[PDB]
Number of protein chains: 2
Amino acid sequence: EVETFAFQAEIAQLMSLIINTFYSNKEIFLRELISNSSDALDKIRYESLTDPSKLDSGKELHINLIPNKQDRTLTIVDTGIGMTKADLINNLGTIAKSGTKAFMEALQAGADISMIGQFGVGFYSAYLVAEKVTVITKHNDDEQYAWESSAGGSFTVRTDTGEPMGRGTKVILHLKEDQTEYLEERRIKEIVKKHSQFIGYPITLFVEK
Amino acid sequence: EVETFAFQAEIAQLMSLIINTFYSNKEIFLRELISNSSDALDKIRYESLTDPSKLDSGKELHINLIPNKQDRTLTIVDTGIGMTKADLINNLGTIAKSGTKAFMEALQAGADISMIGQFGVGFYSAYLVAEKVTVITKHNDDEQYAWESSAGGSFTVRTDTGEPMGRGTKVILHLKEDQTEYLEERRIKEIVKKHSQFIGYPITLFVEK
Ligand SMILES: CC(C)c1cc(-c2n[nH]c(=O)n2-c2ccc3c(ccn3C)c2)c(O)cc1O
Ligand SMILES: CC(C)c1cc(-c2n[nH]c(=O)n2-c2ccc3c(ccn3C)c2)c(O)cc1O
Ligand SMILES: [Mg+2]
């Protein structure tokens, strides 16, 4: 079964702002997702200091970047703590209602779209480049779930009974037709170096066949 | 009773690096602490969406900056989620062993001390300016505790039975004698504007009598 939900009104506003504001510095989406993965990795790392069994679902803490030119998708995989079904539905674990409001007030006072991550809602910058986003996630305390949205005010959640991930989150960006530069190896490397050079976990850029 | 602990060896190394490396851009300490407070505020905000009683210990989410020229202290107060005694002792809730190692490897590959927060250990940059740091914290699930360290490889934890804080964390920096500029109103404002201008919670700079 696929369940369909409406975004809270503030998030629907934020998504529409991101989709419809003219803003050419779109590459910041990657740093925001990589920063989310690092946070999730910190979370499982910290919990595992008190309970080492929480790593039975996989001991390696890393981030993988997977371009696919045939599907026109960019996928960011991490082996972080993942999210429960309730986390997914509660705006992907973000404080999105209050962060959106503070963010949009900051935009009126001189802030820039690239500061979206300082308000806890950097995930939604995926819609700078993507027409649709899928989040597949597995938390130790729950089953594997897939969240999906093409904006337009709604999102879906379903169980993901295919290939298990052990533990972690996979964000699949279905890129807009004019944003395929973010599938290019040289472009991804350039962005990682500029905005995410020194982070606490290995980043592996997959190459294509 | 005051209990005395030894830092793990990696943290003692990191603290010694921060204290003994020549590095003039010391003002970044404030952004790191303010960023920690914002994270803790995000935490209580997110938990309160599922359980509004978690705000019975105080509903306002903010950050206060308190200089005191007579005591030569700078204090950052937030009403975030706070920390338990175990969190305090487990390196202040940080992943400090693994973050320190990754950080110091990053320092060898071109990173700079100001990137300390990208490795989850920004708190320890307090020792750029402070000879001693006190952390007084109150989490909903525990009693009020005071953590303290003047570096030198050890720290103390005691109960703090004086003035309750409801919920949150107070970081008291006892400034080094040559670092009193960070008590000046114009200096604090300048630093907040440069590094922490757009964040999701109000920052109030206290003035002095
Ligand atoms: C939100 C997006 C979809 C996302 C989430 C997680 C994730 N897995 N487990 C977690 O706790 N997180 C996480 C981490 C940071 C976050 C939130 C919410 C707000 N911030 C700042 C959630 C991830 O690893 C990658 C991601 O791109
Ligand atoms: C660590 C210092 C002392 C500190 C902690 C908390 C705090 N209270 N409750 C929390 O969870 N945190 C917190 C927040 C962020 C953190 C950690 C550890 C690593 N990062 C990145 C801890 C605070 O509000 C202010 C602070 O300066
Ligand atoms: Mg952060």
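Below, chains carry the letters A, B, ... as their sequence lines are ordered, and counting in each starts from 1. Read the numbers this way: they start at 1 and go in the same order the structure lists the ligands and their atoms. Values below: all heavy atoms of this structure, side chains included; hydrogens, waters and symmetry mates excluded.
The chief contact partner of ligand 2 in this model is named by UniProt as Heat shock protein HSP 90-alpha. Of balsalazide, triptolide, cortisone, ganetespib, the match for ligand 2 is ganetespib.
Counting only non-hydrogen atoms, chains lying under 4.0 Å from ganetespib (ligand 2): B.
The set of residues with a heavy atom less than 4.0 Å from ganetespib (ligand 2) is B/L33, B/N36, B/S37, B/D39, B/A40, B/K43, B/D78, B/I81, B/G82, B/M83, B/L92, B/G93, B/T94, B/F123, B/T169, B/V171.
Protein heavy atom closest to atom 9 (N) of ganetespib (ligand 2), with residue, atom name and distance, is B/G82 O, 2.8 Å. Taxonomically, the PDB assigns the source of chain B to Homo sapiens. Of the polar atoms of B/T94, none of the N or O atoms is found under 3.5 Å from an N or O of ganetespib (ligand 2), judged by distance alone. The contact set between ganetespib (ligand 2) and B/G93, taken as ligand atoms under 4.0 Å from a residue heavy atom, comprises 18 (C). Ranking protein heavy atoms by distance to atom 3 (C) of ganetespib (ligand 2), first place goes to B/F123 CD1, 3.4 Å. Remark: ganetespib (ligand 2) and B/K43 share an N or O pair separated by less than 3.5 Å (distance only, no angle test). Close approach of ganetespib (ligand 2) to B/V171 (heavy-atom distance below 4.0 Å) involves ligand atoms 27 (O).
If you check which protein heavy atom lies closest to atom 26 (C) of ganetespib (ligand 2), you get B/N36 CB, 3.5 Å. Near B/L92, the atoms of ganetespib (ligand 2) lying under 4.0 angstrom from a non-hydrogen atom of the residue are 1 (C), 17 (C), 18 (C), 22 (C).
When only interatomic distances are considered, the shortest N/O to N/O separation between B/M83 and ganetespib (ligand 2) does not fall below 3.5 Å. Those atoms of ganetespib (ligand 2) with a heavy atom of B/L33 less than 4.0 angstrom away are 27 (O). The ligand atoms of ganetespib (ligand 2) that sit less than 4.0 angstrom from a heavy atom of B/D78 are 23 (C), 24 (O), 25 (C). When each atom of ganetespib (ligand 2) is checked for a heavy atom of B/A40 under 4.0 Å away, the hits are 7 (C), 8 (N), 9 (N), 10 (C), 12 (N), 24 (O).
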